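Simply put, chain letters go A, B, ... down the sequence lines. By the PDB entry numbering, chain A shows 24-235, 276-343, in order. The numbers used for chain B are those of the PDB entry, and the residues that appear cover 3-41, 46-122, in sequence. Order of listing sets the numbers, starting from 1, for every ligand and every atom in it.
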Amino acid sequence: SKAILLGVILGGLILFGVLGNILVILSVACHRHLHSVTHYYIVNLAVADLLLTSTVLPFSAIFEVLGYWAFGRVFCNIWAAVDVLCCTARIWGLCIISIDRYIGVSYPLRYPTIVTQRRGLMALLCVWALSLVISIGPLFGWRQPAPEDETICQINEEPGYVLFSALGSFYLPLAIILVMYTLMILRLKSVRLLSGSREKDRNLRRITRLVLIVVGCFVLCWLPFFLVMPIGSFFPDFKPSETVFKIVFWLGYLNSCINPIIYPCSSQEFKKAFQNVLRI
Amino acid sequence: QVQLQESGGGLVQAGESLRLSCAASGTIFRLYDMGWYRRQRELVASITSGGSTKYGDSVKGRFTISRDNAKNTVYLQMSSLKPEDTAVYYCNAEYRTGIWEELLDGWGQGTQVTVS
Ligand SMILES: CCOc1ccccc1OCCN[C@H](C)Cc1ccc(OC)c(S(N)(=O)=O)c1
C-alpha cells in the first residue's frame, strides 16, 4: 500500500496549514493594541494562504494519489484559473509590505501623515485589481484546443505564455524588494538615533528584521520552480524527468503550510497573543 | 561585554603638562561618542564620531581633545595646570553590538591626578 502514506502526510500538512492561517487572523482580530496599517497586510497574506490551502491543494492531492482527473471538464479550468491568482496575490502583497517599510524607515517623523488609513486601503484595492488582471490576462490569450478523453488535465507549454508568466509574476516584484531593502540597510548602517528616543529606535529596528525573515523564507521556497521551468520550456535539450519535477512545485505549497510558525518564534507580542487566543 | 581601560595618571607640582588616554576592548559594532568627566559628574571634554569637538565652561579651552578611530582611543592633553585641578577624572563611551540592537553606554574605572 503506497497511497496511505502520501494521503496521511499530505492530509496532515493541509490540516496544519488551515489552522495556522486561521490562528494568525484571529490573534490580530481579537486584540486591540495590534491595530495599525502594517498588521492588516499580514492579515491579507494570511487570507490568501488560507484560500489556497483550503480550496486548491486537496484536488491536487487526489490527482497525485489516483493518477487521472475524475471530476469532469468544467472544473479542470476553474482549478487552473484559481491556482495562479492566489500565488500572484501573495507575491504582490509581500512587495507592498516592503514599500511600506521603506517609507516608514526613511521619513520617521512624517510617517503618520503620509501613510494614512485611506491610502492603505486604496493601495490594497489596486494590488488586488492588478493581480487579477495580470493573472488571468495571458491565460485567455494563448488558448489551445482540448483533447477528447476528458480524464486528463494538463498545462500550457507555449514559450510566450511561460515567458510572460515568469516575467510578470516572479521577477518583477523581486527587483523592487531588493532595491528597497538595499537602501534601507544602508540607512540603518549609517545612522545613530532614528526617531529621537531610544525606545522608538529599538522598536523600529525589529519589524524590519521580521520582514527580512519572511522574504528570506519565500525566495528560498519559490526560486527553483521559476528557475527550472523556462529553461526546460525554451531549450528542450536539458529538460528534466517527470520525478524531479514533482518536488519543485510541492516546495511552494510547503511554504504556505510552514509560514505561520515564524511569528511566535521571532516575536514577544505574537506569542502572548497566540497563548491568549488559545486560552479561550 | 565591552570594557574600557584608562592610562596616564601622575602627581606633580603646578606648572607642568600631562596626557591621559582611554581605550575600549571587547565585541563592538561601532562607537559613537566619548568624553571626560571631572570629580560628582560634570563635563570637561567631549568629541563625536565625525570630529566636531566641544568643551566646558570651567575650563577656557586650554586642554586638547583628540581621537584615534582605528584603535578606538581618545586622548587628553593638559598644559599649564592650575592648583584648583586636584580631582579624579573618569572616561565614558557609547557603543552598539549589532545592527538590530539598542544604543547603550558604559562608564569606566577612573584615574587620579594630584596637583598643588
Ligand atoms: C506556468 C506558470 O504557472 C504559474 C504561474 C504563476 C504562479 C504559479 C504558477 O504555477 C503554480 C504551480 N502550478 C502547478 C505546476 C500546476 C499543477 C498542479 C498539480 C498537478 O498535479 C499534481 C499538476 S500536473 N498536470 O503536472 O501533474 C500541475
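What sits at ligand 1 is the drug tamsulosin. Most-contacted chain for tamsulosin in this structure, per the PDB entry: alpha1A-adrenergic receptor. Other chains whose heavy atoms approach tamsulosin within less than 4.0 Å: A. At a heavy-atom cut-off of 4.0 Å, the residues contacting tamsulosin are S83(A), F86(A), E87(A), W102(A), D106(A), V107(A), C176(A), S188(A), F288(A), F289(A), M292(A), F308(A), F312(A), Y316(A).
Lab note: per PDB, source of chain A = Homo sapiens.
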